[PDB]
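This entry carries hydroxyflutamide.
The sequence lines fix the lettering, A, B, ..., with proteins before strands; numbering per chain opens at 1. When a ligand or atom number is given, it counts from 1 through the structure's own listing order. Heavy atoms only: backbone and side chains are in, while hydrogens, waters and symmetry mates are out.
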Amino acid sequence: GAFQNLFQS
Amino acid sequence: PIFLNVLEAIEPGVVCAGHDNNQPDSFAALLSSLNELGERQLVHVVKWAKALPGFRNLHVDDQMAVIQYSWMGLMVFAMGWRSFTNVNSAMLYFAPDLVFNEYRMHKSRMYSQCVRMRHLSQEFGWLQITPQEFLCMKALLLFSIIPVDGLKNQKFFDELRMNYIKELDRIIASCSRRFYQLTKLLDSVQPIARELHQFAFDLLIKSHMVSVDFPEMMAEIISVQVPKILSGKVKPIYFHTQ
Ligand SMILES: CC(C)(O)C(=O)Nc1ccc([N+](=O)[O-])c(C(F)(F)F)c1
């Protein structure tokens, strides 16, 4: 989801 | 002092909400802007948290989880501090372009919650909290809420939290008097955060009804993670009972 994607940057 | 150096170096700077201040204080406009500001600040919280001493000792799922659970309290705490330091807690300094007076407190339908947060902000003055105490306490807040069934690798967390408590001691170093009060102030964050969680959750559920826009990350976190907390699967770690 969106948070993991953000965290991944 | 290596530890304080780091915290000072990684502290986020200014974050704006993008609020239209030239425009009537609508409930929907105010909360759409708080929701956008929430998203903006969560990005900064992530980049901060990832940079903290020892953070990579944690399993990467526990890394993600502790940020997600702690996000609201961290924001509440930083905001009280901004409020304290910019306006002596006269108003709530959410962002340079989203400063809440009583009127906005009322129109946001968050008056009771805003009252708690102003009282928190007054505490920073009443106790003469130093910028370095603030920084240590805020870092510890990140490690102050976890699932009752524990984390994926709990031992690494326990150790990290342990070392953040000790770093609070060091800085304190009457001491016992200081530590009592600061640990009390830290516990005081959690029930505010919990009222904020509830409000945010209810608003998400009724948001198409009230024309309040939720960004991506906010809707996900409030629907997936926050109910863990509100259902009691995830709880704060309190210094004092409570
Ligand atoms: C309504 C909800 C999800 O938007 C929200 O609580 N947003 C929000 C945004 C920013 C900040 N802030 O610290 O500046 C806070 C709060 F932590 F103060 F309450 C809440």
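Here the macromolecule with the greatest number of atom pairs within 4.5 Å of hydroxyflutamide is listed in UniProt as Androgen receptor.
The heavy-atom neighbours of hydroxyflutamide at a 4.0 Å cut-off, by chain: B. Numbered from 1 in the order shown, with element, the atoms of hydroxyflutamide that lie under 4.0 Å from a heavy atom of B:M72 read 6 (O), 17 (F). Residue contacts with hydroxyflutamide, taken as heavy atom pairs separated by less than 4.0 Å, do not involve B:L92 at all. Entry annotation: the source organism of chain B is Homo sapiens. Every N/O-N/O distance between B:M117 and hydroxyflutamide stays at or above 3.5 Å. At a 4.0 Å heavy-atom cut-off, hydroxyflutamide touches B:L196 through the side chain alone.
Within the 4.0 Å heavy-atom cutoff, B:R82 counts among the residues contacting hydroxyflutamide. Residues of chain B near hydroxyflutamide cluster mainly in the UniProt domain NR LBD. Close approach of hydroxyflutamide to B:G38 (heavy-atom distance below 4.0 Å) involves ligand atoms 9 (C).
Of all the listed residues (B:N35, B:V15, B:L31), B:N35 holds the heavy atom that lies closest to atom 2 (C) of hydroxyflutamide. Below 3.5 Å of separation, one finds no N or O of B:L37 facing any N or O of hydroxyflutamide. Taking any N or O of B:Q41, backbone or side chain, at least one lies under 3.5 Å from an N or O belonging to hydroxyflutamide. The distance from hydroxyflutamide to the heavy atoms of B:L34 drops below 4.0 Å at these ligand atoms: 4 (O), 7 (N), 8 (C), 9 (C). Using a 4.0 Å heavy-atom cut-off, the binding site of hydroxyflutamide is formed by B:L31, B:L34, B:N35, B:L37, B:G38, B:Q41, B:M72, B:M75, B:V76, B:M79, B:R82, B:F94, B:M117, B:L196, B:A200.
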